[PDB]
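Comments concern the structure below.
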Amino acid sequence: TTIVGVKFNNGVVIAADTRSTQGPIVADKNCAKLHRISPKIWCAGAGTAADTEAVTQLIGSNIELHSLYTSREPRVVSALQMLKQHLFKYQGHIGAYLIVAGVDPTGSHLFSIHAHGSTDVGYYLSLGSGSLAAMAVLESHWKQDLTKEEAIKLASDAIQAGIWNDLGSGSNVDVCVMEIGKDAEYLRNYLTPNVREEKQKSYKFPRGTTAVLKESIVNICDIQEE
Amino acid sequence: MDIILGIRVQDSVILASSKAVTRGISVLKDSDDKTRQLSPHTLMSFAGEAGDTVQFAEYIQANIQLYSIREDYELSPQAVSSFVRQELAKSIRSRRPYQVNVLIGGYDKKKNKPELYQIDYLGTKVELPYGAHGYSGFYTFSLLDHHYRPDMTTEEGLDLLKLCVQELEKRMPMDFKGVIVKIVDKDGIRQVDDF
Amino acid sequence: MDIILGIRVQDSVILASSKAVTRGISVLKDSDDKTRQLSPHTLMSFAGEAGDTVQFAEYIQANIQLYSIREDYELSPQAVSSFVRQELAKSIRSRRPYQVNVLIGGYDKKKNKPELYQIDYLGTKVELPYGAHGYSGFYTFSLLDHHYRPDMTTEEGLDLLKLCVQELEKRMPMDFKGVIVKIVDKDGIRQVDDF
Amino acid sequence: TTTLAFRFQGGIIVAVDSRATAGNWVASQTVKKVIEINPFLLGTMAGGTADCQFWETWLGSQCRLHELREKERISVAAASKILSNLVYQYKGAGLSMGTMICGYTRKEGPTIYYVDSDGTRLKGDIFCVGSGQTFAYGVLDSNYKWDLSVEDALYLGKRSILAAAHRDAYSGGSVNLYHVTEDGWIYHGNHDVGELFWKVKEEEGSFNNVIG
Amino acid sequence: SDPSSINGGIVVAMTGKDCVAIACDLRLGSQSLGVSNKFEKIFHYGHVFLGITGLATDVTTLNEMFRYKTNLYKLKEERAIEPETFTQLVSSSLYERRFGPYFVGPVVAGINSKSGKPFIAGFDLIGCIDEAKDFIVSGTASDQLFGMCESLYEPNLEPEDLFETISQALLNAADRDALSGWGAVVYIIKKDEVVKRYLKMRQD
Amino acid sequence: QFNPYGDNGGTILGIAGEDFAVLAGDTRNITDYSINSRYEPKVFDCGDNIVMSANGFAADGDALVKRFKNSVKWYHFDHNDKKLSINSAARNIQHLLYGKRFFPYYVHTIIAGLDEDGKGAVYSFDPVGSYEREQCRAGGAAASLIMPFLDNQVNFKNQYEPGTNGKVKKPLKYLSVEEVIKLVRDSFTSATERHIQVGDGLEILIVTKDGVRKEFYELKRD
Amino acid sequence: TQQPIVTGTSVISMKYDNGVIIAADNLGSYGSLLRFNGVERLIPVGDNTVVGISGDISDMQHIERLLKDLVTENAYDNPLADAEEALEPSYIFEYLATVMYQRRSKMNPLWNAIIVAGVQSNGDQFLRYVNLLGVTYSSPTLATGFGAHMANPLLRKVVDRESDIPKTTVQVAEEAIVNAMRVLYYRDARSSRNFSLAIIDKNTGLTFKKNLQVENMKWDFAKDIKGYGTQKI
Amino acid sequence: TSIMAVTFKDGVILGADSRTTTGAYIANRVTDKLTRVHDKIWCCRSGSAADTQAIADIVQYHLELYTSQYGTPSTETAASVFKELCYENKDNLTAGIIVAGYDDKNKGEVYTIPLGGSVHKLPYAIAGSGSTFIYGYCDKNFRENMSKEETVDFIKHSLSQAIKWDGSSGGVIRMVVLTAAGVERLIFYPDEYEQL
Amino acid sequence: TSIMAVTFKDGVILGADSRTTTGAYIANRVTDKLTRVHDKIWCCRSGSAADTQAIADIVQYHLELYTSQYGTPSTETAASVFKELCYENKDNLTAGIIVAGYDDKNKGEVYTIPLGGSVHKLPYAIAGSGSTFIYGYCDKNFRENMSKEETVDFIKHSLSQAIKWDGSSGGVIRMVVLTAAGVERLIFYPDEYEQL
Ligand SMILES: *[B]([O])([O])[C]([C][C]([C])[C])[N]C(=O)[C]([C]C1=[C][C]=[C][C]=[C]1)[N]C(=O)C1=[C]N=[C][C]=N1
Ligand SMILES: *[B]([O])([O])[C]([C][C]([C])[C])[N]C(=O)[C]([C]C1=[C][C]=[C][C]=[C]1)[N]C(=O)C1=[C]N=[C][C]=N1
Ligand SMILES: *[B]([O])([O])[C]([C][C]([C])[C])[N]C(=O)[C]([C]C1=[C][C]=[C][C]=[C]1)[N]C(=O)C1=[C]N=[C][C]=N1
Ligand SMILES: *[B]([O])([O])[C]([C][C]([C])[C])[N]C(=O)[C]([C]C1=[C][C]=[C][C]=[C]1)[N]C(=O)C1=[C]N=[C][C]=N1
Ligand SMILES: [Cl-]
Ligand SMILES: [Cl-]
Ligand SMILES: [Mg+2]
Ligand SMILES: [Mg+2]
Ligand SMILES: [Mg+2]
Ligand SMILES: [Mg+2]
Ligand SMILES: [Mg+2]
């Protein structure tokens with residue numbers, strides 16, 4: 001997994017690759033690793049996939065109830081605090097490694113979160129097996145006062161470095177841009193540089209190729225009248 | 001314990017269970033009955049870790065007998081087997097699981113059909129024409145695969161069972177001291193006293 | 001392998017050895033002769049780890065036969081047993097020791113006396129009126145301690161041996177498929193073909 | 001693996017399966033588990049593929065050298081003992097072998113020796129070896145006689161491997177049959193289990209448990 | 001020892017044009033010993049189909065659990081559960097046993113009754129959802145199934161063509177797995193008819 | 001503790017035609033989650049119209065190929081420039097592998113060429129030297145993905161003739177070199193999609209009576 | 001079997017149109033202790049080859065002595081030792097690769113990762129890797145240790161395949177190498193600021209640069225970073 | 001990690017490097033290890049980043065609740081709350097914390113709390129993996145009642161050496177000055193402290 | 001153990017503590033760790049006392065035989081013989097040795113040979129368990145071309161701190177001065193160096 005976060009002039013952008021793996025096998029080629037905690041707080045997750053998903057839904061659910069209770073839009077620091085205390089309590093067994101970004105009435109924010117519950121602040125961050133390839137790109141091209149267009153470019157280039165150089169990463173680049181005073185724009189499959197070429201042959205079989213023993217209609221309908 | 005076999009024929013279920021009880025280096029008993037009557041038309045044989053086997057069997061027996069009295073009705077073999085499976089499936093994630101494998105032979109009086117269920121200590125249930133637990137199947141299934149027919153009489157089932165026991169007595173290293181054979185049919189449960 | 005027994009009576013030595021060979025789950029053979037004639041009046045039975053048993057026995061046989069030809073003379077049972085003990089005592093500190101236990105039954109033609117020697121894989125030798133290896137003694141020694149008299153006939157020795165085998169067949173968990181019995185006396189070695 | 005061999009009126013029947021596995025992965029269904037040591041001698045293959053192939057091929061070289069030196073066919077006893085003595089030298093090192101050495105000479109008649117990587121060497125009438133050995137034993141023990149015709153003996157060997165192929169997960173693929181007489185062995189074909197099962201089931205009335 | 005490969009078995013699902021297919025083998029074993037050739041691994045709750053591979057006791061337990069939950073759902077909601085909603089229910093139910101999980105590989109297949117859209121989904125043993133457009137695989141021959149599906153599959157296959165594709169994917173995958181086979185079933189699912197076909201295959 | 005073994009990934013595929021043989025392999029070399037090289041040749045022309053690949057631990061793979069090439073050289077020296085037939089090469093490789101039975105070359109070896117009747121031949125070896133002539137064999141990381149597909153599309157397994165419903169099998173008609181190369185390319189394209197250690201490039205060596213020809217194709221680099 | 005004691009971190013390298021570049025820092029680490037600060041890990045062999053070595057330093061010094069002896073031995077009874085029969089990069093590599101694999105086969109490895117960079121007699125670029133296992137491979141860019149994870153991704157953006165080599169100048173290649181060394185200094189905890197760099201060109205020969213430093217570093221942004229989440233001061 | 005706190009005439013100064021490592025990978029090169037638990041009570045953190053963050057957050061909560069009831073807490077009180085958490089949970093924690101604070105009554109105070117959860121009041125303290133390399137230097141160069149400028153130089157020179165020799169330490173040198181005048185943050189970059 | 005060797009204007013000086021421990025027991029408090037392998041080539045020993053004595057005895061034998069054939073060996077040559085023994089027998093040895101010597105052509109030279117058996121020529125070297133605590137101090141205070149009196153003070157102050165912090169170091173500070181003038185032994189007692 002390669003996931004990054006990059007701050008810019010008036011907000012923050014996060015990105016991620018779309019490959020999920022079970023050992024050396026690719027389980028899903030177009031996996032969605034950008035999760036929504038709230039409308040303008042999004043996070044990307046590496047590690048155990050069920051954990052990143054579950055911990056995001058839980059905190060996202062509680063963040064929503066908190067927002068309704070307080071009559072205020074949710075804050076990134078609240079998501080961060082709730083995530084870290086939950087993960088700390090489970091002493092690293094909940095294998096969620098997250099980059100949490102978002103905009104709120106306080107401003108724009110970017111944090112990372114490791115599975116044992118430790119958090120970090122930064123202008124640019126990367127997590128996952130392809131984080132070293134991505135961080136190499138970020139350390140080479142990052143500067144202060146990036147524009148929106150420059151940050152999207154830098155973030156996707158950092159994911160590409162992971163896609164091409166890390167075997168744990170691949171397929172497509174997903175992006176989410178969170179700008180101050182605007183709706184967060186989720187760009188699913190922002191880049192698609194790994195479409196499979198046409199196969200040499202069609203493997204459609206002639207009808208009646210498979211040997212059958214029995215046929216029967218399955219009753220999916222309920223018990224009928226009359 | 002060791003060998004437990006089951007075969008479902010036309011009109012009955014036949015269970016065969018070894019008589020030996022071995023603690024280590026000695027054979028303490030050669031007439032042990034590894035079975036419990038759960039209801040008038042349902043029999044359960046069992047094998048596994050010592051103590052747990054009888055404790056589990058008698059616990060199941062008590063529960064089915066309780067149901068029978070409460071409802072004045074005998075549960076179907078299928079219903080009993082499902083109850084037993086759930087208890088074992090519950091047990092496998094306990095502090096100390098029941099290390100017990102069972103065969104349930106019953107005659108369903110409603111459907112007028114014999115029924116044989118094989119359940120292991122994990123709670124893995126399968127309905128079968130013939131079944132076994134442990135290494136018993138390894139020696140007997142090839143014979144059963146060849147000779148078995150769904151319309152066999154009880155006498156033909158016993159003859160096929162004798163062939164299975166003879167193969168076991170030839171190729172198994174352990175002396176299991178013969179088997180006690182019991183038949184479950186429409187008239188209930190009875191023991192074949194000469195085998 | 002499993003059970004090997006020996007008894008020295010008035011005028012002969014009787015060795016009884018099980019017929020079963022078991023590889024793990026299956027009994028591959030039920031007529032295996034776990035013995036080698038070392039000389040016309042000396043017999044050795046053996047039990048231990050697979051391969052090593054026969055390899056050791058045949059190696060000893062070859063050495064005694066070589067001695068017999070070289071000197072045109074049969075070594076005494078005592079001399080043969082000492083040679084065998086030394087080979088095992090040498091073996092126990094080798095890279096890979098012989099995992100073999102033996103009984104040596106011989107009739108000394110010079111002294112006109114039967115002689116039984118028990119030797120384990122460490123090279124521990126003892127002359128005995130009756131002996132065994134493995135768990136065999138665990139059952140039989142109490143019967144032999146009671147019934148044994150040093151002046152028994154060969155027929156009485158065989159009867160006492162039958163009582164020992166019957167006890168083994170009752171209380172031992174493993175099916176050793178009966179025993180091959182051989183008698184060593186002044187006329188040499190012969191096998192009892194009905195036991 | 002399921003391999004068997006048995007003595008009878010017409011000589012020896014040798015029957016083996018064809019499956020090779022690496023864990024649960026089926027590596028091959030076309031393995032030659034019988035080795036042609038010469039026109040008279042056969043060896044069966046169980047355990048490690050390589051160990052069995054290598055050392056039974058080697059055995060054929062030693063047999064050839066014997067009969068070059070002694071101007072006479074090697075006995076089954078002598079041939080089996082060369083192999084057992086060889087693997088005994090390697091005992092502990094981790095060889096993995098369970099083999100039947102089968103032959104037919106004037107002095108011995110039809111002879112089978114079970115040879116083993118722990119050094120065991122056993123002469124016998126019937127042997128089954130491999131993960132599916134118990135399944136094959138059942139069919140053999142209940143149907144074996146001395147007075148079997150070459151035709152019936154061949155079928156019993158075929159049927160016993162099929163029994164094991166059905167039940168044992170690490171046995172299957174196809175059945176190779178050999179018949180060993182005094183003038184040499186005779187190959188009796190490769191029989192796909194996928195076709196043999198449905199054929200035997202239909203003709204024999206067996207496997208009523210399976211739907212077809 | 002490994003709970004997910006004691007009993008063996010496989011499940012595969014595929015989408016086609018206005019249809020879905022889900023298939024499974026029939027084997028249940030105790031490691032090397034084949035025990036049953038009638039252990040079906042596909043179940044259905046209304047029009048939603050669920051295949052489950054892995055430890056057989058958990059396959060049975062989960063089926064009984066989801067029957068339980070979908071029956072209560074229907075009584076309260078006054079409608080049959082949909083594939084998308086059932087997928088979330090499976091995920092939630094598996095994750096609740098995060099640190100004492102069911103050793104299973106579930107596969108959901110079905111057609112949404114309102115939108116008519118074909119739907120398939122897979123899970124790991126603790127609830128992570130794999131929602132593929134093309135196909136889902138599970139079981140002891142999942143590597144083999146991935147290989148078959150990735151080459152044989154093409155989008156928008158008609159129901160009777162999809163049958164041939166999924167059948168050949170299952171059969172040839174199972175034949176390269178010691179713990180799979182002993183029969184096979186294929187469900188072809190359309191918006192208001194479902195056909196079930198038992199396949200003839202080698203019994204070793 | 002020092003581990004003398006490693007895993008360099010990769011996947012290879014040999015297919016024997018009626019009068020030709022192909023031995024293919026991807027050109028990616030890896031350790032763990034890193035790429036060492038996108039183009040590291042794995043299938044080699046060993047002379048005498050024999051091609052070879054030893055897939056797995058690359059150090060052992062290179063050592064074996066090197067020792068076999070050497071064995072071909074000395075076979076010529078010792079036996080009057082006689083051509084080493086594919087069956088003789090196969091037996092020779094068994095002894096090279098079994099020589100290290102107790103410290104094995106951690107590779108899956110496949111050789112390809114033509115037999116003495118001019119027909120296509122492929123031989124397959126396990127790490128300790130057991131071997132067998134085959135019509136079709138994949139080796140390495142994605143072998144479990146590729147073999148079932150080849151059972152179905154080369155040997156027509158589980159395929160029957162329409163209308164007969166399981167009674168008549170699909171007849172085993174011979175495949176041309178153009179047909180085999182299509183199946184090889186689709187096998188590696190599919191393996192690249194679902195296996196992380198497969199990608200970058202595909203190199204195919206084709207053997208005929210005319211000699212050894214090479215073909216290269218790009219694979220996905222992610 | 002042993003364990004490395006005093007170690008050297010990444011060696012990085014790449015091909016360009018007329019030759020090869022290789023680089024490595026001057027640190028000899030003793031676990032987490034940055035013990036020795038003047039260790040040369042690039043060792044030239046003649047005027048056409050530079051061998052870069054990471055891993056155990058005692059084993060590096062042994063290899064250095066093997067290479068020194070190799071030059072001596074090649075000169076023996078060799079009138080063309082400084083011409084047609086001079087040591088080639090390919091000869092030096094194959095020798096080392098043979099030694100590495102032999103040592104691993106005796107279960108007593110030289111605990112190193114090695115990159116042999118050079119230019120052949122015909123002008124061809126030579127760049128190949130070998131390590132303690134005897135594993136060998138070639139690529140337009142090669143790097144050891146942390147360099148494999150961080151330097152390669154950057155260097156591969158310049159030369160992504162074989163056809164990019166003729167399009168890459170020595171200025172662009174050196175720039176990329178120097179940047180990669182800076183990135184490694186930011187991110188590798190066992191690296192140093194001081195490094196050596198060697199260029200082997202088919203026209204201008206061997207240029208060996210010592211006492212280079214990582215420069216143009218970005219640290220100013222650190223002043224704005226406060227706490228680990230909620231802290232404002 | 002290289003951290004230290006030094007009392008001087010006008011109060012106390014905390015110092016720290018900015019490196020966080022996962023093995024040999026620098027996971028964060030601009031880390032802030034100087035953390036605020038109260039207005040003029042700060043701490044330096046070493047050991048597990050998760051543990052020391054969890055502890056510091058709990059302490060900040062305790063002192064915030066203390067303040068609301070009893071007014072400004074002493075540095076000793078803050079150190080006691082740290083100790084209670086570190087001692088009672090010693091089996092499950094890996095935390096080495098230096099607590100530094102400024103009172104008007106007590107002036108500058110430094111407390112070190114090592115792994116076991118013991119407390120030690122000292123004129124100055126050093127901790128973290130990099131501290132080992134500067135025990136000699138700091139012992140030789142520390143004086144009581146130094147000026148602000150002298151104390152900044154002492155910490156700058158000390159942490160410079162700790163960074164030089166310890167691979168787990170590096171980046172920038174952060175400092176926080178605690179006096180009656182207020183709270184001042186200082187930062188020193190590699191180009192400055194490497195040439196010392 | 002705390003050992004060091006320092007080159008200076010007139011040659012080189014070796015320094016060492018005198019403590020040998022078996023766990024926490026001081027088995028010898030007056031140990032001589034400065035050992036002579038040739039007239040003006042000495043070494044400092046750390047690690048196993050058996051191993052470093054065995055090595056030093058073998059080296060002394062090699063250099064004695066070298067001298068009888070080829071005349072006085074260089075310090076580099078002595079270091080090479082040490083290295084050969086430490087490198088080739090690395091699996092079975094635990095030895096950290098500093099080799100120091102005086103030539104007239106090369107003057108004072110110092111070579112350090114750590115655990116692995118590598119060689120490093122340095123202006124000065126420190127080693128032993130106690131050296132960890134003085135890396136900062138020695139790096140800050142060392143200058144090239146010091147006088148004899150300055151070098152004695154540098155070593156005395158350095159080993160004083162190493163002894164202060166390291167439990168495995170202690171006793172007296174022994175020193176051996178190597179110059180053109182000859183070989184001078186120095187000793188400094190606790191009452192002297194503890195008050196520094
Ligand atoms: B990435 O590499 O971190 C990636 C992204 C994920 C958060 C959606 N992780 C995975 O793909 C993980 C790797 C992994 C394997 C085994 C244990 C722990 C982590 N995969 C899964 O979680 C996974 C694998 N198969 C099915 C479902 N989920
Ligand atoms: B049989 O199951 O013994 C079989 C016969 C072999 C001699 C050709 N052996 C194997 O399949 C073994 C594994 C095994 C399974 C069951 C019991 C014992 C051993 N396989 C291999 O030796 C093997 C696997 N993959 C490649 C090469 N060899
Ligand atoms: B320092 O090295 O003690 C440092 C201080 C921490 C409070 C930021 N600790 C770490 O970097 C620790 C590992 C460690 C290194 C050296 C000594 C003790 C501990 N790292 C982490 O806690 C860590 C690393 N990566 C991600 C999350 N947490
Ligand atoms: B010093 O601590 O390294 C010291 C120097 C030695 C050459 C006299 N070594 C020892 O005291 C060693 C133990 C040790 C302590 C600290 C680091 C490394 C080793 N002691 C011995 O070798 C010893 C102790 N008691 C009896 C004999 N030898
Ligand atoms: Cl932190
Ligand atoms: Cl000493
Ligand atoms: Mg069961
Ligand atoms: Mg099978
Ligand atoms: Mg199968
Ligand atoms: Mg790939
Ligand atoms: Mg540092």
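Just so we're on the same page: letters track the sequence lines, and every chain starts at 1. Computed from heavy atoms alone, side chains included, the values below leave out hydrogens, waters and symmetry copies. Order of appearance sets the numbers: ligands from 1, and atoms from 1 within every ligand. The displayed model is a subset of the deposited entry, and contacts were enumerated within the subset.
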Not sure I'm reading this right - what drug is at ligand 1?
bortezomib (bound form)
* For bortezomib (bound form, ligand 1) in this structure, which bound macromolecule has the most atom pairs within 4.5 Å, going by UniProt? -> Proteasome subunit beta type-2
Around bortezomib (bound form, ligand 1), which other chains have a heavy atom under 4.0 Å away?
A, E
Hey, which organism does the entry list as the source of chain A?
Saccharomyces cerevisiae
Give the single entry among A/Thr21, A/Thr48, A/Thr18, A/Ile25 that approaches atom 13 (C) of bortezomib (bound form, ligand 1) most closely by any heavy atom.
A/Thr21
Report task. Flag A/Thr52 as yes when one of its N or O atoms lies below 3.5 Å from any N or O atom of bortezomib (bound form, ligand 1), and as no otherwise. Result -> no
Is any N or O atom of A/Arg19, backbone or side chain, closer than 3.5 Å to an N or O atom of bortezomib (bound form, ligand 1)? no
Provide the number and element of each atom of bortezomib (bound form, ligand 1) under 4.0 Å from a heavy atom of A/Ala46. 3 (O), 7 (C)
- Query: Can you find an N/O atom of A/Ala49 closer than 3.5 Å to an N/O atom of bortezomib (bound form, ligand 1)?
  - Reply: yes
Option with minimal heavy-atom separation from atom 12 (C) of bortezomib (bound form, ligand 1), where the choices are A/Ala16, A/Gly47, A/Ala50:
A/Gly47
Minimum-distance protein heavy atom relative to atom 3 (O) of bortezomib (bound form, ligand 1)
A/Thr1 OG1, 2.4 Å
| said: Just wondering, what label does the entry put on chain E? | reply: proteasome subunit beta type-3
Next on the checklist: Out of all atoms in bortezomib (bound form, ligand 1), which are within 4.0 Å of some heavy atom of A/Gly45? Include the element for each.
Outcome noted: 7 (C)
Task: bortezomib (bound form, ligand 1) - covalent bond target - done: A/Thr1 OG1
### Task
Check each atom of bortezomib (bound form, ligand 1) against the heavy atoms of A/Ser20 and keep those under 4.0 Å away; list them by number with element.
11 (O)
* To do: Give the single entry among A/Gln22, A/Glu53, A/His35 that approaches atom 25 (N) of bortezomib (bound form, ligand 1) most closely by any heavy atom.
  => A/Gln22
TODO: Determine which UniProt-annotated active-site residue of chain A is nearest bortezomib (bound form, ligand 1) and quote the heavy-atom distance to 1 Å.
DONE: A/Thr1, 1 Å
Heavy-atom protein contact below 4.0 Å for atom 17 (C) of bortezomib (bound form, ligand 1): no
Margin query: Using a 4.0 Å cut-off to any heavy atom of E/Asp124, which atoms of bortezomib (bound form, ligand 1) qualify?
Written below: 26 (C), 27 (C), 28 (N)
Write out the residues of other chains lying under 4.0 Å from bortezomib (bound form, ligand 1), heavy atoms counted.
A/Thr1, A/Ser20, A/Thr21, A/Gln22, A/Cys31, A/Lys33, A/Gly45, A/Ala46, A/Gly47, A/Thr48, A/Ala49, A/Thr52, E/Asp124, E/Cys128
